[PDB]
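Entry below: contains FG-2216.
Along the sequence shown, residues carry numbers from 1. Determined via X-ray crystallography, 1.8 Å. The basis for the numbers below is simple: all heavy atoms, side chains too, and nothing from hydrogens, waters or symmetry mates. Read the numbers this way: they start at 1 and go in the same order the structure lists the ligands and their atoms.
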Amino acid sequence: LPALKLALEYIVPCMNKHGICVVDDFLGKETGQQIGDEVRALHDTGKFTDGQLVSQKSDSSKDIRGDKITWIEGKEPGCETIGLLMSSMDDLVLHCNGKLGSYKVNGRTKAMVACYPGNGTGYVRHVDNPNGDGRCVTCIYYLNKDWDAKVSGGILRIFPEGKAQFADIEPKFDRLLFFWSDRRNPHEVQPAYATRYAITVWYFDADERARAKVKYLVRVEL
Ligand SMILES: O=C(O)CNC(=O)c1nc(Cl)c2ccccc2c1O
Ligand SMILES: [Cl-]
Ligand SMILES: [Mn+2]
């Protein structure tokens, strides 16, 4: 439960061996429920987008939209338990530093809160960072109480590079997930038939991010 102990005795060895690490009961029921309440309040007050355009119909009232998102800094009114989550994620990662491969983590994104609305949409197979944009670790926290994928779908399926197999991860309440963001971990979200919430942060590697600046391209006027 102390972040350093979880980091050294579980996350570091699990990440270095498998590139994927699942931590259940990360924050406990009380805090997890508070975060759920904050995310549902965001949803109920219209703070999410309308959802990824999945099917563009000739009649636009027929369009199908999928995952909805909102970006959260962690200090907004009504988001402070999400901020607490983000701090706890940061504490874990920082207590791994120097031991997650050869990466040196020096920053992260804001939190991306995602809501799959339960209409049979998921997320196609993809790699989070396929082109060297600086992101080395993906961290996802799940909020869905009593989630059963045989009933509601929504499994996260990862295809770790170099295996004739995949890893199915249920989006279970108070579950934290780490995985390498690059091509080692292509993954997909299978169709969700119930409202499915998750909060993602990506962590940056100092070297990769520093040279991403070059490739991706700040101008000083003359
Ligand atoms: O939610 C999950 O278990 C896994 N989700 C994703 O891998 C995922 N990845 C990306 Cl890059 C996006 C990107 C935008 C919106 C939602 C995403 C998402 O749910
Ligand atoms: Cl093992
Ligand atoms: Mn992804």
- prompt: What ligand or chain labels cover FG-2216 here?
  reply: ligand 1
*Looking at contacts alone, what is the main macromolecule next to FG-2216, by its name in the PDB entry?*
Egl nine homolog 1
What are the atoms of FG-2216, with element, lying closer than 4.0 Å to any heavy atom of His187?
7 (O)
For this session: Could you see which bit of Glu188 sits under 4.0 Å from FG-2216, with heavy atoms only: side chain, backbone, both or neither?
Result: neither
Q.
If I apply the N/O under 3.5 Å rule, does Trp202 come out as touching FG-2216?
A. no
Region of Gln52 engaging FG-2216 - heavy atom pairs below 4.0 Å
neither
Return the closest protein heavy atom for atom 10 (C) of FG-2216 as residue, atom name and distance. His126 NE2, 3.7 Å
**Study point:** Min N/O separation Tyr123 to FG-2216 under 3.5 Å
**Key:** no
Just distances here: any N/O of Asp67 and N/O of FG-2216 closer than 3.5 Å?
no
#### Entry: Ligand and ion contacts of FG-2216 below 4.0 Å
ligand 3 (manganese (II) ion)
Numbering as shown, the atoms of FG-2216 that approach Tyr142 to under 4.0 Å (heavy-atom distance) = 2 (C), 3 (O)
query: By UniProt annotation, which domain of chain A has the most residues touching FG-2216?
result: Fe2OG dioxygenase
For atom 14 (C) of FG-2216, find the nearest protein heavy atom and state the residue, atom name and distance (0.1 Å precision).
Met112 SD, 3.8 Å
Open item on the list: With the threshold set at under 4.0 angstrom, would you say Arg196 reaches FG-2216 through any of its heavy atoms?
Closed with: yes
* Residue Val189 vicinity, atoms of FG-2216 by number, heavy atom under 4.0 Å -> 1 (O), 2 (C), 3 (O), 4 (C), 5 (N)
I'd like to know the organism the PDB gives for chain A, please. Homo sapiens
Can you pull out the closest protein heavy atom to atom 19 (O) of FG-2216? Residue, atom name and distance to 0.1 Å, please.
-> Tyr116 OH, 2.5 Å
Margin query: Mind pulling out the UniProt Fe cation-binding residues of chain A that sit under 4.0 Å from FG-2216 by heavy-atom distance?
Written below: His126, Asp128, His187
Check: Looking at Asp128, which atoms of FG-2216 are within less than 4.0 Å of one of its heavy atoms?
Finding: 9 (N), 11 (Cl)
**Message:** Below 4.0 Å, non-hydrogen atoms only: which portion of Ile69 touches FG-2216? Side chain, backbone, both or neither.
**Reply:** side chain
Practice item. Give the residues of chain A annotated by UniProt as 2-oxoglutarate-binding that have any non-hydrogen atom less than 4.0 Å from FG-2216. Key: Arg196
I need the residues around FG-2216 for my notes - heavy atoms within 4.0 Å, please. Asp67, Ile69, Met112, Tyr116, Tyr123, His126, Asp128, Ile140, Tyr142, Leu156, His187, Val189, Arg196
Identify all N/O pairs between FG-2216 and the protein with a separation under 3.5 Å and present them as a table of atom names and distances.
| residue | atom | partner | partner atom | Å |
| --- | --- | --- | --- | --- |
| FG-2216 | 1 (O) | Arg196 | NH1 | 2.9 |
| FG-2216 | 3 (O) | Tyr142 | OH | 2.7 |
| FG-2216 | 3 (O) | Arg196 | NH2 | 2.8 |
| FG-2216 | 7 (O) | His126 | NE2 | 3.4 |
| FG-2216 | 7 (O) | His187 | NE2 | 2.9 |
| FG-2216 | 9 (N) | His126 | NE2 | 3.2 |
| FG-2216 | 19 (O) | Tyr116 | OH | 2.5 |

